[PDB]
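Entry below: contains calcitriol.
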Amino acid sequence: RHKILXXX
Amino acid sequence: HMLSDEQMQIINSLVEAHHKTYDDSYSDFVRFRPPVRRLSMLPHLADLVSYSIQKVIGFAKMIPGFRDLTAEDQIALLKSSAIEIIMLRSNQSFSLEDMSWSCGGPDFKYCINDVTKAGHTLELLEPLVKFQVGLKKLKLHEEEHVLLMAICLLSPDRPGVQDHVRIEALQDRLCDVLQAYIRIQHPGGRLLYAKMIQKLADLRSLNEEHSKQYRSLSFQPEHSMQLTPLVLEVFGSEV
Ligand SMILES: C=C1/C(=C\C=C2/CCC[C@]3(C)[C@@H]([C@H](C)CCCC(C)(C)O)CC[C@@H]23)C[C@@H](O)C[C@@H]1O
């Protein structure tokens, strides 16, 4: 999981 | 023929999306770590690219249909294409007379030599400027420029994408709009669509070279430390 890409 | 309503609405939405995410004043650039001329330009260019990734994300969100994909496909598309969208959208600040990107001041004028002070070599930068020159000479209308960014972003041939059919159908719908626009609205663009598709293949090759060189850069703690959290996530191998 991507912390920042979770602003998709 | 004549462009249709749905085609019109797509062009309008893409041009508005670009105007909302690309600020011709470049006034935000004073907020980056300042440029300095061992990798004296990496802090400033890491900030510039990180900022630009956020803009490309805002642009993607306003591409008609993109927001209907799963979050996983959106991120896969963004991660694989981000550096390409940045290379394309940067053509707007690129100048033939200076052979550099000029962004509202001498401090924010970037030439090939500045990017070597960020870890990159002529293996990437020489092809990159030739790309900017050839793209600049195409004299794209704004409509064409923004369509090409959306087409590049909505490519289904990317690693990590699941719904390949839905993404290809979206991209096909944008290619059709672009083809109709060029035929109807662009005098002398008989060969233009093919030239733009070719630029997409140039971008693939520049992506590969950037990724190779980014890896060499990002595996050294003294250099990865100067990047931003968003750059590390977007350009990283984390799945
Ligand atoms: C950003 C944008 C602009 C210039 C893009 C440039 C010029 C400097 C060097 C860049 C940034 C290339 C670098 C080789 C990218 C490497 C970044 C990194 C150090 C992380 O590996 C890619 C695009 C080139 C300014 C403006 O057009 C907004 C646009 O959006």
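So that the names make sense, note that chain A is the first sequence line, chain B the second, and so on, each numbered from 1. In listed order, ligands and their atoms are each counted from 1.
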Find the chain in most contact with calcitriol and give its name from the PDB entry. Vitamin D3 receptor A
Please list, by chain letter, the other chains with any heavy atom under 4.0 Å from calcitriol. B
4.0 Å heavy-atom contact, B:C103 with calcitriol: yes
Answer with yes or no whether B:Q92 contacts calcitriol, where contact means a heavy atom under 4.0 Å from a ligand atom. no
Determine, using UniProt domain annotation, which domain of chain B makes most contacts with calcitriol. NR LBD
Counting only heavy atoms, tell me which of B:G119, B:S90, B:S211 gets closest to atom 4 (C) of calcitriol. B:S90
Where on B:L42 is there a heavy atom closer than 4.0 Å to calcitriol, on the side chain, on the backbone, on both, or on neither? side chain
I want to know if calcitriol touches B:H120 in the polar sense, i.e. an N/O pair below 3.5 angstrom. yes
Got an N/O contact under 3.5 Å between B:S93 and calcitriol? yes
For B:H210, counting its heavy atoms only, list the atoms of calcitriol lying under 4.0 Å from any of them. 16 (C), 17 (C), 18 (C), 21 (O)
Can you list the UniProt calcitriol-binding residues of chain B with a heavy atom under 4.0 Å from calcitriol? B:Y22, B:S52, B:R89, B:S93, B:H120, B:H210
Which calcitriol atoms, with their elements, are less than 4.0 angstrom from a heavy-atom of B:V115? 9 (C), 14 (C)
Can you find an N or O of B:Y26 that's nearer than 3.5 Å to an N or O of calcitriol? no
Closer than 4.0 angstrom: is that true for some heavy atom of B:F94 and an atom of calcitriol? no
Chain B: source organism in the PDB: Danio rerio
Which residues make up the contact shell of calcitriol at 4.0 Å, heavy atoms only? B:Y22, B:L42, B:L48, B:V49, B:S52, B:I86, B:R89, B:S90, B:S93, B:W101, B:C103, B:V115, B:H120, B:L124, B:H210, B:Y214
